[PDB]
Amino acid sequence: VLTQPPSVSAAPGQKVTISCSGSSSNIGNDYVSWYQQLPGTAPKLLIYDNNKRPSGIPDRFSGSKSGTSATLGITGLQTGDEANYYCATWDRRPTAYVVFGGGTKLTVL
Amino acid sequence: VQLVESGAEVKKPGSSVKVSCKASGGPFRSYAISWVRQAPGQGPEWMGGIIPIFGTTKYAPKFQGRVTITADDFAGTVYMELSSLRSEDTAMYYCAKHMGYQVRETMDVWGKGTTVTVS
Amino acid sequence: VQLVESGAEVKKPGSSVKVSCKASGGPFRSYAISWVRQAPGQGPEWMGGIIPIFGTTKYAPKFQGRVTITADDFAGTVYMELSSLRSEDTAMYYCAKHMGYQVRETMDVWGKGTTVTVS
Amino acid sequence: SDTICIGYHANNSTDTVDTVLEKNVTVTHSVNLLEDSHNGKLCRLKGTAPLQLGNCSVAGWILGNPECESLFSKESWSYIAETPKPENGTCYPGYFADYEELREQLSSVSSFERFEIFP
Amino acid sequence: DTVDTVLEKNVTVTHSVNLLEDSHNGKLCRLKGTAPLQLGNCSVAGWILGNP
Amino acid sequence: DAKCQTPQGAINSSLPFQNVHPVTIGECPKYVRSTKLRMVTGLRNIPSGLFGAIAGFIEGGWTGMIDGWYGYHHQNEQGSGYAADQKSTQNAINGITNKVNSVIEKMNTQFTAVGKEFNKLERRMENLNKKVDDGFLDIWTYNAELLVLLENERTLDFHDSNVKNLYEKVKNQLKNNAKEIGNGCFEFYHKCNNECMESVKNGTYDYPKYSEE
Amino acid sequence: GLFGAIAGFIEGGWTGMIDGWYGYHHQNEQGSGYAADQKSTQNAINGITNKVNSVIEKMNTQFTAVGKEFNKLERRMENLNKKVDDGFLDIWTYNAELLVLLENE
Ligand SMILES: *[C@@H]1O[C@H](CO)[C@@H](O[C@@H]2O[C@H](CO)[C@@H](O)[C@H](O)[C@H]2NC(C)=O)[C@H](O)[C@H]1NC(C)=O
Ligand SMILES: *[C@@H]1O[C@H](CO)[C@@H](O)[C@H](O)[C@H]1NC(C)=O
Ligand SMILES: *[C@@H]1O[C@H](CO)[C@@H](O)[C@H](O)[C@H]1NC(C)=O
Ligand SMILES: *[C@@H]1O[C@H](CO)[C@@H](O)[C@H](O)[C@H]1NC(C)=O
Ligand SMILES: *[C@@H]1O[C@H](CO)[C@@H](O)[C@H](O)[C@H]1NC(C)=O
Ligand SMILES: *[C@@H]1O[C@H](CO)[C@@H](O)[C@H](O)[C@H]1NC(C)=O
Ligand SMILES: *[C@@H]1O[C@H](CO)[C@@H](O)[C@H](O)[C@H]1NC(C)=O
């Protein structure tokens with residue numbers, strides 16, 4: 001499974017990073033995607049192919065992956081950015097299956 | 001592309017429930033479709049997916065043996081059937097589409113989600 | 001291939017005159033078409049040409065600015081419009097076809113020619 | 001020595017398709033475009049049952065044959081079904097004028113009301 | 001300009017032609033130099049019978 | 001409950017054609033006299049062409065490659081294995097699904113047609129009605145059969161062309177650092193580990209670096 | 001592409017070549033430049049114009065058709081007339097769309 005910090009908080013206008021750590025079976029040998037989920041809505045894909053964004057995602061969202069751990073980063077933080085963020089990857093050894101992270105709840109003050 | 005799922009369900013323990021997802025556009029699709037569920041106070045969870053043309057299905061190890069995913073291509077519909085409904089199976093269910101024909105970690109379009117209650 | 005032009009014209013100075021050329025065969029041509037004029041007691045004189053499919057037009061430096069050549073391809077017609085008619089513009093006018101799609105110095109088929117008078 | 005080769009896919013399917021240059025021809029994947037099965041009953045369309053005449057024809061139904069009196073209760077339908085050789089229409093011999101035009105008129109009626117014009 | 005094929009849609013190209021006409025002028029005109037007969041308020045029966 | 005009703009029985013089907021009965025009520029497919037109409041989406045099955053690749057200089061297919069239509073088989077000091085090319089398969093799938101959708105879309109018209117009746121002194125109108133029905137049915141049967149027969153030819157040539165293009169794309173990358181043995185395979189002059197093999201299947205093979213040992 | 005050249009091993013087109021469809025770009029000690037091949041372009045133009053002319057010629061039929069009228073006791077004839085009109089219109093629409101779609105390929 002993938003492990004994330006349970007909760008991170010920051011001020012508006014700050015930049016904060018969320019980590020996603022696991023083993024060499026999921027992140028050590030495969031790409032990582034990042035999803036955002038707001039209350040009462042389906043998850044929204046933020047990052048794919050370990051550092052790339054789809055159309056409609058602002059510049060302030062960025063991602064990277066080093067070795068085993070993958071980092072998401074939000075700059076210019078806004079009140080609307082308070083949501084749940086999930087990392088996902090394609091675990092592939094016994095029988096490959098999509099694995100999501102435990103989840104990180106970001107709070108604005 | 002918009003994905004629309006069938007109505008909510010209230011069922012008894014030990015029964016089976018089948019839901020469907022319908023996609024807009026041409027009846028034949030060039031991308032894969034997966035089913036995801038979320039229980040209250042928990043993160044998303046992958047169940048299984050189906051691949052176009054080849055028609056091969058993949059399932060998660062925990063849901064293996066009691067989940068069946070089928071497709072009807074001339075109407076553009078995908079069905080998921082779950083059996084031996086226990087109490088913990090009450091959750092919200094989504095159908096999500098992939099970027100290509102292969103089942104991978106990246107889902108770019110999601111549905112609205114429908115509720116299944118097992119009381 | 002036969003080329004036929006519109007009737008003769010008598011026009012006052014300062015006006016504009018438009019003539020047309022019609023070619024036999026299929027409406028769409030694979031050769032360029034040029035317009036030539038000859039005043040009494042003088043040799044021929046090239047005015048301009050039009051190229052098929054690409055639709056590009058070429059004009060002589062003297063006639064530049066007051067000659068417009070157009071084509072209507074579904075009827076097989078080519079039009080030439082001349083403006084600011086001075087007294088020296090009275091002459092015989094021919095439409096001529098080229099061997100290929102490019103405007104060059106070789107014209108193998110000529111029309112019968114029609115007269116324009118400016119009095 | 002290290003080697004790399006290029007190739008394509010195969011399976012155990014036994015489906016065949018027709019080609020203008022060859023017949024039979026086994027392929028890996030195909031779809032069927034023709035339907036050839038039915039269930040063999042008269043069933044409901046849009047939640048409404050049809051009107052079954054039974055032994056009566058359109059003439060016997062619309063004239064009030066004494067043996068069709070059970071059909072007066074049904075006043076709305078989705079379509080009308082008739083037997084190949086109905087037995088009771090006009091019980092008294094005579095000529096029915098513009099009968100086929102009346103059938104054509106009645107084939108576009110979805111409901112009516114039977115009322116006493118002259119008590 | 002774009003054209004549809006059986007294997008793909010849209011597809012920008014360098015040159016093309018249009019085969020369909022979709023415009024009119026909105027009037028009743030002369031055909032071969034002769035004007036039509038307009039009945040106005042009358043029908044064929046009123047025209048041929050001699051309605052006053 | 002049903003969506004279509006015939007004098008023989010009711011139908012649920014989303015298929016574009018049927019051969020049950022010409023008289024229908026509801027939302028129904030089109031009626032033809034055909035007995036078989038199957039459309040190919042895959043390739044020729046050789047579990048042992050205009051472009052000469054499939055059943056050509058590449059003799060047969062692979063049952064060990066299951067995740068795609070075209071791909072590679074590699075062998076080096078660390079082992080062997082099969083893999084599929086995702087981009088080629090994706091392009092082919094795009095084209096094939098577009099073709100099938102276009103065919104389905106072009107064959108939709110009106111429905112819910114029922115017959116008429118005539119009396120003994122109206123035989124000419126009856127004959128005209130019958131002639132119209134027969135002519136339309138013949139024309140549509142011809143159209144459907146011809147379309148299926150002609151598109152089945154183009155699909156197989158499309159697959160053959162895709163295989164040949166992939167082969168040439170790989171061939172023009174290795175230039176003279178490898179030997180062509182003529183059956184679809186290449187033998188490397190230098191040593192190619194898993195990274196070099198990945199780079200070949202990647203499209204970013206480094207020719208100056210590996211200049212024949 | 002079926003032959004792998006356009007958008008294949010030749011990646012893009014030239015906006016500097018304006019006098020034809022296919023051609024050359026050269027470079028030597030005296031300079032560079034674009035030029036077009038006239039024979040290839042001429043053959044292609046011949047073929048394309050022939051194709052368009054054939055398509056235009058095959059789709060010419062009769063015209064000047066106007067509707068009829070019927071009274072209240074002639075509904076079967078009216079329905080037959082309507083059915084004939086609709087069937088012919090459907091067939092010709094299908095023919096035109098299929099022909100254009102197949103030749104564009
Ligand atoms: C054949 O098709 C019809 C309609 O397409 C189906 O009718 C529906 O049946 C369900 C039963 O689960 C009803 O809830 C719907 O209301 C029906 N449709 C309508 C429009 O009323 C019918 O079930 C199909 N037959 C079979 C055997 O599945
Ligand atoms: C091909 O083999 C697979 C694997 O056993 C099997 O599931 C399938 O039924 C076979 N195909 C046919 C047409 O029987
Ligand atoms: C098609 O092939 C099968 C075996 O592959 C054969 O039995 C059959 O006869 C063939 N079809 C015809 C029409 O001969
Ligand atoms: C309907 O007609 C048949 C034909 O004789 C007859 O046997 C049957 O009894 C009739 N039905 C009723 C309800 O009388
Ligand atoms: C065709 O391309 C244009 C831009 O090149 C795009 O705006 C348009 O949406 C495309 N057509 C369709 C049907 O999407
Ligand atoms: C034709 O009818 C209209 C509508 O009643 C009327 O206004 C008009 O005056 C009529 N035409 C003439 C010539 O009176
Ligand atoms: C394959 O290509 C990608 C991007 O083109 C690159 O990031 C990766 O390092 C390549 N892999 C190898 C083994 O060269």
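We name chains A, B, ... by the order of the sequence lines, and we start the count at 1 in each one. Note that these values count all heavy atoms, side chains included, but never hydrogens, waters or copies made by symmetry. What you see here is only part of the deposit, and the contact count is restricted to that part.
- Most heavy-atom contacts to chains A and B: the chain the PDB entry names hemagglutinin.
- The drug seen at chains A and B is recorded under the name CR6261.
- Other chains, heavy atom under 4.5 Å from CR6261 (chains A and B): D, F.
- Epitope of CR6261 (chains A and B) on chain F (heavy atoms < 4.5 Å): F:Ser14, F:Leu15, F:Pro16, F:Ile66, F:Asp67, F:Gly68, F:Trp69, F:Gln86, F:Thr89, F:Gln90, F:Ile93, F:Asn94, F:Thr97, F:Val100, F:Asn101, F:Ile104.
- Counting non-hydrogen atoms closer than 4.5 Å, the contacts of CR6261 (chains A and B) with chain F come from B:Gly26, B:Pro27, B:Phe28, B:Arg29, B:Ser30, B:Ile53, B:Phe54, B:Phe74, B:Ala75, B:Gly100, B:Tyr101, B:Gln102.
- The organism that the entry gives for chain F is Influenza A virus.
- Lab note: entry names chain A as CR6261 Fab light chain.
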